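Entry with carfilzomib (bound form): notes follow.
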Amino acid sequence: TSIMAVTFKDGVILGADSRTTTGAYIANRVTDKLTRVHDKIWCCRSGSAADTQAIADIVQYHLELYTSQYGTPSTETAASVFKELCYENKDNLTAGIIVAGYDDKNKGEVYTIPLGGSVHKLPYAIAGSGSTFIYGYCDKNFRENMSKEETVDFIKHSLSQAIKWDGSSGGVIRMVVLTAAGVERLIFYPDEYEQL
Amino acid sequence: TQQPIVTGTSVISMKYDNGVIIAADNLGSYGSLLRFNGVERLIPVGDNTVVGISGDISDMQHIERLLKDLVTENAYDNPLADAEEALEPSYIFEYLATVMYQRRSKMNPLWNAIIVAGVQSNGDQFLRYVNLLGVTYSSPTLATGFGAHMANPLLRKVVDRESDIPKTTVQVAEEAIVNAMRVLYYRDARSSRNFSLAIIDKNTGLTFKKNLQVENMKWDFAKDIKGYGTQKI
Amino acid sequence: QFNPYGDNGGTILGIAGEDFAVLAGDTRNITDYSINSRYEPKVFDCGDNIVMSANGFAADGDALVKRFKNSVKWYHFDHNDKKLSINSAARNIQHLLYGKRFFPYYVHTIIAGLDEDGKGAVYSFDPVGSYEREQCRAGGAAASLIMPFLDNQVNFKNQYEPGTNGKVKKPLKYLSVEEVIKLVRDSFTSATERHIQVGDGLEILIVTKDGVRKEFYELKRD
Amino acid sequence: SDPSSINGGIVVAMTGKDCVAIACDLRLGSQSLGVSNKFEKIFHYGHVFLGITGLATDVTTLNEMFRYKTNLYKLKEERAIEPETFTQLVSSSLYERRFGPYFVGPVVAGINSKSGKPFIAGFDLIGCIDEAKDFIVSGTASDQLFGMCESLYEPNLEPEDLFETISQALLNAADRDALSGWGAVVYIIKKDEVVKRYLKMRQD
Amino acid sequence: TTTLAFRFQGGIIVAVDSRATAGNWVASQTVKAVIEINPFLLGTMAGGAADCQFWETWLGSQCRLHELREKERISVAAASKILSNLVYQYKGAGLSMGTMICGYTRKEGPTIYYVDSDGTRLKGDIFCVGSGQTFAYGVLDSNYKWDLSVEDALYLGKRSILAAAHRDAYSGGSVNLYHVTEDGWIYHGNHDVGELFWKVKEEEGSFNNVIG
Amino acid sequence: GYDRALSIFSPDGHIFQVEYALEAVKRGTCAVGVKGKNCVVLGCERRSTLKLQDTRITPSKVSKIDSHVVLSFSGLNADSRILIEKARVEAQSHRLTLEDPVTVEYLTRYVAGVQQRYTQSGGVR
Amino acid sequence: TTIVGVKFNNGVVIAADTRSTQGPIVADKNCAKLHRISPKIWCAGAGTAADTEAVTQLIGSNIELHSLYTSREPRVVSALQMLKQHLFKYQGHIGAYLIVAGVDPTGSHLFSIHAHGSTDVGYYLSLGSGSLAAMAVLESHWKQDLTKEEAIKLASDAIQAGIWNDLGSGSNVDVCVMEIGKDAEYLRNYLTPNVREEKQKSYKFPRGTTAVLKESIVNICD
Amino acid sequence: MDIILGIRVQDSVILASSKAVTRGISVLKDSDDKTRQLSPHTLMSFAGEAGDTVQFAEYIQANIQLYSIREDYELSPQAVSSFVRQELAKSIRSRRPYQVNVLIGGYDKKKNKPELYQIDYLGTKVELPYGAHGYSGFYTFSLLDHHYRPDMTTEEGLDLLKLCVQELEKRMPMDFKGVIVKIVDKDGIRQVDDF
Amino acid sequence: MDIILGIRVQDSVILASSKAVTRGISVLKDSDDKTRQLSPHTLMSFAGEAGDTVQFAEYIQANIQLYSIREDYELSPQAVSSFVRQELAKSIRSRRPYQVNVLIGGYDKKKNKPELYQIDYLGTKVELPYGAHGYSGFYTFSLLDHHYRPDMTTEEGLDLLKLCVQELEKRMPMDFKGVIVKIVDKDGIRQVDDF
Ligand SMILES: *[C@@](C)(CO)[C@](*)(O)[C@H](CC(C)C)NC(=O)[C@H](Cc1ccccc1)NC(=O)[C@H](CC(C)C)NC(=O)[C@H](CCc1ccccc1)NC(=O)CN1CCOCC1
Ligand SMILES: *[C@@](C)(CO)[C@](*)(O)[C@H](CC(C)C)NC(=O)[C@H](Cc1ccccc1)NC(=O)[C@H](CC(C)C)NC(=O)[C@H](CCc1ccccc1)NC(=O)CN1CCOCC1
Ligand SMILES: *[C@@](C)(CO)[C@](*)(O)[C@H](CC(C)C)NC(=O)[C@H](Cc1ccccc1)NC(=O)[C@H](CC(C)C)NC(=O)[C@H](CCc1ccccc1)NC(=O)CN1CCOCC1
Ligand SMILES: [Cl-]
Ligand SMILES: [Mg+2]
Ligand SMILES: [Mg+2]
């Protein structure tokens with residue numbers, strides 16, 4: 001996997017590749033690693049496909065039950081539920097999750113949750129095997145309060161390089177845009193991003 | 001006792017009515033890292049043979065040097081080096097097959113899988129495989145690594161047995177090879193889009209094609225796929 | 001760690017008649033769950049009316065056959081073109097195999113031909129050189145399936161004369177080349193049904209005083 | 001220390017014209033040592049026959065267990081259990097011990113009393129059903145039995161002919177296995193008569 | 001395997017079975033476990049088939065070279081020691097052999113030497129080697145006397161192999177008998193255990209545990 | 001290693017080095033062997049130009065090769081010690097492998113074989 | 001095993017081969033790998049044979065009870081969710097690899113489930129040892145907007161690729177078509193391209209061949 | 001624990017069990033009785049892991065004695081053997097199994113027949129004319145195959161048994177310090193003091 | 001191979017060595033002589049790994065006999081023991097060491113004294129009044145500490161030796177089939193036939 005989430009002026013954008021592997025065989029070349037846990041709280045999944053799915057399903061259940069009682073949860077609250085599961089079951093899980101959401105008060109927020117189950121709130125986050133190859137690029141090119149189009153280009157160029165160097169990453173580049181306007185899904189095919 | 005470091009993935013090939021086709025991508029992987037992108041894994045020997053190599057690249061470069069030296073050695077005191085006493089595909093293969101088996105028998109193998117494709121002096125098609133263990137076999141279609149699992153099934157739909165070879169044209173055969181390379185790009189995590197392809201014909205001779213790309217890919221249906229089960233958005 | 005051995009599958013079968021002998025083997029070559037070739041012969045005419053097959057790890061099998069063929073060649077040079085008898089060939093092969101006792105050829109070897117009285121002969125070897133002459137022998141992946149069938153149909157084991165209260169055994173007798181090929185074909189079609197490494201094709205080499213003849217038959221390709 | 005090949009033994013079952021046959025060897029050993037030549041591996045509950053190969057303690061245990069269950073079945077249902085139903089009971093019971101299984105290779109054989117149809121089935125140690133028209137094999141000489149049965153068998157054999165085919169399949173397979181043999185028994189099963197024959201075989 | 005050889009009034013009896021196995025798979029029922037080193041020396045074979053076959057054939061070549069050089073037959077002691085000294089050089093390499101070198105000479109009389117792959121060399125009157133050795137020992141020990149007739153001795157050796165063939169799963173097939181005298185060895189036939197068992201059961205009244 | 005062929009044929013078909021070795025034997029003190037009906041006796045000459053000798057410690061002319069075989073000689077004394085040593089070693093080696101002491105013929109054949117080897121080996125006389 | 005699933009215009013089709021293995025041995029030459037969870041929800045299973053049957057029957061049982069409780073036709077996502085949560089709980093120890101497909105009031109669906117509890121969505125999927133051979137065909141010939149007859153052809157062609165090229169797969173091709181508004185049609189042995197050829201000889205024995213020691217009538221009655 | 005034998009003859013069952021108890025390089029005792037009376041006409045010998053053997057034997061003994069008191073009736077050897085087998089069959093899949101092999105020699109008073117059952121630690125039961133556990137069988141079975149007849153007397157059985165012990169004393173590596181022999185018949189259980 | 005003992009008394013050295021040769025669960029021989037005469041007044045007993053024992057003993061025997069012929073003179077027990085120790089000392093650092101333990105009993109004709117040397121497979125030499133190899137020592141040493149006196153006769157030594165064998169036969173787990181006893185004194189080497 002190569003995944004990332006980036007905050008910007010109007011909110012936050014999640015990005016991911018579409019490759020699922022079993023050794024060197026690509027079990028799924030059109031995977032959707034960007035998953036909804038609430039209307040405007042989504043997550044990027046890396047690590048075990050089984051573990052991350054089971055976790056995301058439980059979180060979605062918790063946040064649905066939260067909403068029934070206490071109304072819309074914060075992105076911090078969602079990240080806390082993810083953490084609780086990842087930390088307390090750290091011995092049996094292989095999950096690297098990035099939580100991203102849009103509040104009206106707090107705007108765009110990004111929380112990353114590595115293997116140990118620690119939580120880290122950041123302006124932007126990168127994760128997955130392919131992230132290693134773009135630490136240098138992303139650090140040099142990221143700016144706060146970018147526009148939607150700039151953020152889309154930043155994610156596109158970044159994941160393009162991650163995909164280029166990482167054999168465990170590839171396929172299409174999926175993106176999910178979270179703003180006050182709503183939820184927008186984006187897709188970008190090889191013929192476009194490869195020749196960037 | 002070795003472990004391969006910089007590696008090359010599948011090599012695929014097949015026979016057709018007048019000759020043989022062989023192909024392999026231009027990638028030199030370093031584990032999961034797709035490190036080197038300008039690697040040529042098809043190596044011509046003379047104007048009638050092409051050796052396709054997968055596996056360890058350092059050992060591939062060693063084999064290149066052996067084949068290059070073989071051509072030099074054959075020319076020594078040989079007035080018919082470019083005629084009757086030129087190197088045949090069968091000669092080149094048997095040499096490599098001898099080396100591979102000797103190296104495995106010394107517990108120090110050349111960590112490769114090799115396919116020697118060519119046309120003999122009498123016009124007969126030559127296509128034979130050899131690997132790090134010294135194991136050899138021949139078939140109308142041959143492939144290494146993932147190609148064995150994914151390409152062979154596709155190529156065998158064209159040439160399922162010996163009698164299908166005269167019925168298969170170079171246009172049909174090349175089409176199948178190029179299609180197979182696309183499928184490997186879809187499904188092999190250590191493959192690249194860029195590849196080389198070689199045709200050895202008994203009439204038109206050796207045609208070596210570089211810098212080919214996988215094209216006419218299907219990705220559009222991906223936009224319709226959402227979530228992993230229930231998710232609607 | 002590097003493993004110098006491999007399993008190329010396949011199975012072979014040698015039957016001896018009165019004035020002939022057959023050595024059959026399927027033409028399928030495999031690694032793990034993949035097919036490498038649907039027609040890769042592993043039964044060879046080695047000269048002097050000797051046919052040979054070394055089944056198991058193909059690289060070791062090819063090396064052995066190659067060395068024995070070369071042994072036959074030098075036997076002619078060193079001994080005034082004398083014909084290498086099947087028994088002399090067997091003993092020579094023992095020394096080839098045992099010469100690598102501490103790094104063996106992973107093959108079951110079988111040879112067939114005629115003895116010095118003109119009668120059919122089959123010899124079978126273990127990987128390190130122990131050999132024995134037999135009327136009947138199956139080797140390879142499906143040997144466990146085929147061999148007890150041969151015991152029953154070739155050597156008439158467990159078969160008693162009807163009405164004799166299981167006191168009189170069914171009498172041993174030589175089979176015709178026609179009856180033997182029937183058993184070979186039925187042996188391999190049965191093995192093909194129940195063993196995944198067996199199929200594609202069947203190549204039989206028949207040996208008489210006249211020479212070495214070949215016969216080929218299709219097998220199921222699944 | 002492989003539970004399925006400590007005691008040794010084999011079972012085979014075949015179908016014929018309006019009949020079924022099931023057969024087994026009589027050996028029970030402890031690896032190389034032969035201990036008993038009277039250890040029958042075929043049992044019956046009403047008209048349903050069950051053969052069991054593998055670890056002998058589990059063979060005995062399962063016989064006692066299916067006798068237990070079929071006796072209660074009959075008391076509640078007021079009728080004898082049929083082969084198709086029994087087959088499912090065996091599968092259920094084995095899978096109940098999925099992560100601590102009985103090391104066995106059972107084989108069901110019988111004729112449905114209502115439809116008159118011949119029925120045989122085989123299982124793995126965790127209960128996977130292997131239904132078949134022709135034959136089922138089980139034991140330490142299963143490879144040998146597969147080879148004999150696949151070549152000797154033909155459909156619609158009469159009881160008297162079927163007896164010869166199954167007996168020869170068992171005998172010649174048992175003689176190529178060290179851990180099987182030491183006697184044999186064959187059950188020929190017709191709609192309303194059952195014949196049991198002990199075979200003469202080599203005792204080595 | 002089961003092989004035995006014992007010394008008695010009338011020379012030496014050698015008896016072996018004919019089974020060979022690869023795990024539980026019975027590879028052969030017709031193996032020659034007695035190897036004829038020469039017209040006067042016999043060697044039994046147990047353990048590795050190839051190791052025994054190869055080196056005891058080699059032994060016969062060395063014994064032939066001895067009598068060419070010395071113009072005299074090789075002693076059983078000298079023949080057994082050539083084999084034992086050879087396998088001792090290969091100790092640790094993984095040879096598997098349990099053999100009995102049996103012979104009759106003037107100076108020695110009837111002599112048996114147990115020779116094994118870990119270097120052991122023992123002279124003795126009675127030896128049983130193989131996976132079924134214990135079963136054969138039981139019958140042999142309880143019925144053995146020095147003053148056995150040649151007829152009774154041949155039967156005892158045959159009966160002891162049968163005992164092992166019956167109980168030991170990895171023993172059976174047939175029984176090969178040999179009688180060794182000063183003038184050489186005499187082969188006393190191949191005896192299928194299938195027919196031999198029932199014959200012995202009926203005539204002797206033994207094996208009541210078996211249904212006949 | 002010194003390789004020179006010292007023992008070689010001459011035009012008349014003689015190997016002079018072997019024949020000159022016989023002259024050295026002819027120079028040596030006389031030695032005689034006589035065998036009776038139940039015994040053998042080995043007699044040996046000792047030259048009397050050497051007085052003030054210590055006969056306790058002086059090497060004896062007759063040497064035991066084993067407890068049942070003896071060896072006397074004529075010729076170069078230093079050379080004899082080498083043959084005697086080799087013979088004694090072979091005597092023990094024979095007992096070890098054949099489990100029986102050497103015959104007199106066998107021991108002789110061995111010693112004679114050693115002597116012959118030195119007539120067509122390079123670098124030796 | 002080779003199993004596949006292909007979506008089309010008005011529904012979904014799944015297919016499977018019919019070989020069951022026990023190591024290198026073919027245990028069942030015609031086993032059914034297509035399972036019914038509910039009338040219009042079917043499942044193709046690969047991996048541990050007992051696990052795929054047991055888990056498909058358990059979820060099928062609970063789906064029936066759920067359908068009765070809710071007075072509604074069962075949905076594929078319910079079977080999917082129930083299966084994956086069961087498989088996840090056992091951490092891969094239940095070796096069931098499934099392709100789940102069907103039609104329900106929501107529409108037509110196609111999923112795959114792996115032993116550890118991960119699910120995938122697709123228009124075409126393949127699982128089992130012959131999945132690579134099958135996927136090669138699917139990647140070569142699949143397109144959007146397939147008809148019923150085109151999807152059956154593509155599915156069976158993908159299974160055939162596994163039958164011929166994968167040693168783990170063989171024998172026949174089973175198919176199940178689940179179309180919207182129609183009853184699901186289970187096509188057992190849709191293709192039978194591996195029929196055993198006539199044997200060369202009949203091995204029917206003369207009566208009395210087998211030696212017998214004892215006979216006795218067995219009492220099956222009360 | 002090592003050698004236990006059993007021979008069923010015409011009118012009785014004879015059990016022979018070694019007297020040695022060895023731990024390390026020391027024979028701690030040479031007069032150990034490796035048997036327990038389960039009921040007046042049923043005797044069980046045992047061999048296996050230290051501690052487990054006696055603990056198991058006495059546990060079975062207690063259960064059979066409890067049954068006898070409750071019903072005022074003696075269980076048949078067949079019934080006792082089945083009870084014992086089931087206990088071992090349970091045991092083998094426990095957290096820590098009983099590593100004990102047993103022979104059960106009994107006289108059925110209803111049938112007027114002697115009965116010998118051999119049960120190993122896995123719960124593998126067989127009725128036999130003669131039986132053994134451990135390495136003993138590798139010598140005795142072939143010997144008994146030859147010399148055993150079904151119609152033998154108790155005295156003939158004891159001579160047959162002496163023949164087994166002699167063979168074991170000749171060919172066994174370990175010194176097992178002889179055997180305690182006990183006879184089970186219609187009149188109950190008694191010990192042979194001079195063997 | 002297992003039990004070898006040695007006792008030096010006033011005028012002689014007595015060696016006792018077990019007769020059993022065991023392989024697996026079978027006693028292959030019960031009359032094995034685990035000793036070789038190195039010279040007329042020097043005897044060596046041995047025990048250890050199969051094959052190595054005899055091969056080593058005979059190799060030493062050949063070397064000492066060669067020396068005797070060459071010099072027409074018998075080496076002293078001290079000299080022979082030192083030669084043997086050095087061979088084992090070389091061996092222990094070889095590719096495949098001799099796993100053989102020996103006792104060397106000899107009578108020195110120049111000193112007119114008996115001498116007993118104990119040498120293990122490492123090349124560890126000690127001169128002792130009494131010695132043993134293997135598990136035998138664990139019983140015999142304490143017994144000899146109590147009963148042994150330096151001025152004992154050969155007959156007293158044999159009775160002392162009988163006391164050791166009896167204790168071994170009582171407490172040792174394995175049956176070693178008795179011992180062959182040999183005496184070394186001024187008149188050379190002789191075997192006690194009735195022990
Ligand atoms: C990139 C690839 C790596 O960072 C991404 O993180 C993606 C995440 C997406 C899918 C959300 N990761 C994967 O694709 C993931 C890679 C992986 C593998 C093993 C452990 C962790 C991560 N792949 C999987 O989870 C596959 C998905 C299946 C094919 C649908 N599952 C496997 O590879 C299973 C995993 C078993 C497992 C191991 C350890 C922890 C949890 C689960 N492994 C196998 O099936 C083993 N396989 C058997 C056949 O022989 C080859 C090995
Ligand atoms: C009784 C019968 C059992 O011990 C006897 O001891 C007999 C004596 C007769 C055979 C002379 N012994 C055997 O039968 C002996 C058992 C044995 C095997 C291996 C080591 C020690 C003892 N059997 C063999 O040696 C068989 C003889 C064959 C069946 C003719 N051979 C094998 O098992 C061979 C080679 C084994 C081996 C020995 C040493 C180094 C390497 C290998 N193995 C195979 O044939 C396996 N298979 C052959 C087909 O190709 C794939 C490998
Ligand atoms: C293709 C053919 C292979 O990939 C398919 O995937 C099919 C699936 C269909 C049948 C639903 N798979 C098999 O046929 C499968 C392959 C396999 C084997 C072993 C482990 C995993 C997968 N075969 C089986 O499941 C057979 C079914 C038999 C023929 C009825 N079962 C076995 O081979 C069992 C394995 C049981 C098992 C237990 C615990 C964990 C995993 C598997 N093995 C045995 O029965 C062998 N043995 C017999 C002697 O007694 C001891 C057990
Ligand atoms: Cl996923
Ligand atoms: Mg196939
Ligand atoms: Mg047997």
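Convention: sequence-line order gives letters A, B, ...; per-chain numbering from 1. Part of the entry, not all of it, is on display, and contacts are counted within that displayed part. Any value given below was found using the heavy atoms of this structure, including those in side chains, with hydrogens, waters and symmetry copies removed. Just so you know, ligand 1 is whichever comes first in the structure, and atom 1 is the first atom listed for that ligand.
Every copy of carfilzomib (bound form) considered, the relevant parts of the structure are ligands 1, 2 and 3.
The main binding partner of carfilzomib (bound form, ligand 3) here is, in the terms of the PDB entry, Proteasome subunit beta type-2. Other chains near carfilzomib (bound form, ligand 3) (heavy atoms under 4.0 Å), by letter: D, G.
The deposit lists the name of chain D as Proteasome subunit beta type-3.
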